Engineer: 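This structure shows methotrexate in complex with Dihydrofolate reductase.
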Amino acid sequence: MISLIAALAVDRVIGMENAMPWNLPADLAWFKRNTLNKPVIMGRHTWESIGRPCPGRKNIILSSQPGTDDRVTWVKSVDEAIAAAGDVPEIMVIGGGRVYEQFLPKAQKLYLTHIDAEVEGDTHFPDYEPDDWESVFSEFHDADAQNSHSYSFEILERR
Ligand SMILES: NC(=O)c1ccc[n+]([C@@H]2O[C@H](COP(=O)([O-])OP(=O)(O)OC[C@H]3O[C@@H](n4cnc5c(N)ncnc54)[C@H](OP(=O)(O)O)[C@@H]3O)[C@@H](O)[C@H]2O)c1
Ligand SMILES: CN(Cc1cnc2nc(N)nc(N)c2n1)c1ccc(C(=O)N[C@@H](CCC(=O)O)C(=O)O)cc1
Ligand SMILES: [Ca+2]
Ligand SMILES: [Ca+2]
């Protein structure tokens, strides 16, 4: 299946000036745990903010232009992106804004981190209805030494 994984703040803010504006180690671990051994799909701007392939995962980058780095697999369309992922149980779509928008109607699961931080973004997660998504897991955690904000993990399954 196709799954989306994303950290959101207030107003579903996901990013600002090509970066993510918070400090949350608990989220990185959760991300690593749910994506390791999976193919990961991302847009070119998200690729350019990471710059090294996500190790232990097949890396597929969407771009309308020819690839500029042979450590990763480049694809020119959403259908080419899914085909390059081959026959796996779960393909992870990991950002950014424009990529989430395109894959959201094809997705069966969402893994979300709701971070209780009020920041300004120039990129937002698509608007999603509970009419379509059932919550099968959610945990809330208070801020601590490593994590400056409270945050909750949730897994939703399409209805
Ligand atoms: N909060 C999170 O969990 C999270 C996760 C990841 C990223 N982010 C943030 O999201 C922001 C980047 O988001 P973004 O929406 O600007 O960019 P993005 O979605 O990462 O990348 C957009 C680019 O991807 C390519 N692309 C997307 N769809 C394509 C398609 N269907 N066919 C061909 N190319 C396609 C295009 O590249 P060309 O111009 O080369 O054609 C497009 O300009 C950053 O601030 C990043 O930090 C947040
Ligand atoms: C820019 N970016 C995208 C990113 C970050 N956190 C996310 N968190 C969630 N929940 N969802 C995402 N899509 C997501 N995406 C990043 C930034 C750093 C690393 C990163 O290097 N993660 C390490 C974890 C260990 C470390 O950060 O040093 C890894 O190897 O997976 C990955 C993606
Ligand atoms: Ca580097
Ligand atoms: Ca059902």
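All residue numbers in this chain count up from 1 along the given sequence. No hydrogens, no waters, no symmetry mates; every other heavy atom, side chains included, goes into these values. All ligand and atom numbering here is 1-based and tracks the order in the structure.
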Engineer: Which of the ligands or chains here are copies of methotrexate?
Structural biologist: ligand 2
Engineer: Does some non-hydrogen atom of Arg57 fall short of 4.0 Å from methotrexate (ligand 2)?
Structural biologist: yes
Engineer: Going by the atom numbers of methotrexate (ligand 2), which of them fall below 4.0 Å from some non-hydrogen atom of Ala7?
Structural biologist: 9 (C), 10 (N), 11 (N)
Engineer: Is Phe31 in polar range of methotrexate (ligand 2), meaning some N or O pair under 3.5 Å apart?
Structural biologist: no
Engineer: What covalent connection, given as residue and atom, links methotrexate (ligand 2) to a chain here?
Structural biologist: none
Engineer: Yes or no: does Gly95 have any heavy atom under 4.0 Å from an atom of methotrexate (ligand 2)?
Structural biologist: no
Engineer: Under a 4.0 Å heavy-atom limit, does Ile5 contact methotrexate (ligand 2) with its side chain, its backbone, both, or neither?
Structural biologist: both
Engineer: Report yes or no: does a heavy atom of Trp47 sit under 4.0 Å from some atom of methotrexate (ligand 2)?
Structural biologist: no
Engineer: Quick one: does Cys54 get within less than 4.0 Å of methotrexate (ligand 2), heavy atoms only?
Structural biologist: no
Engineer: Is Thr46 in polar range of methotrexate (ligand 2), meaning some N or O pair under 3.5 Å apart?
Structural biologist: no
Engineer: Just curious, which residues make up the binding site of methotrexate (ligand 2) with non-hydrogen atoms under 4.0 Å?
Structural biologist: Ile5, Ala6, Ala7, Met20, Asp27, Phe31, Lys32, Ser49, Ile50, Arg57, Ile94, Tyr100, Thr113
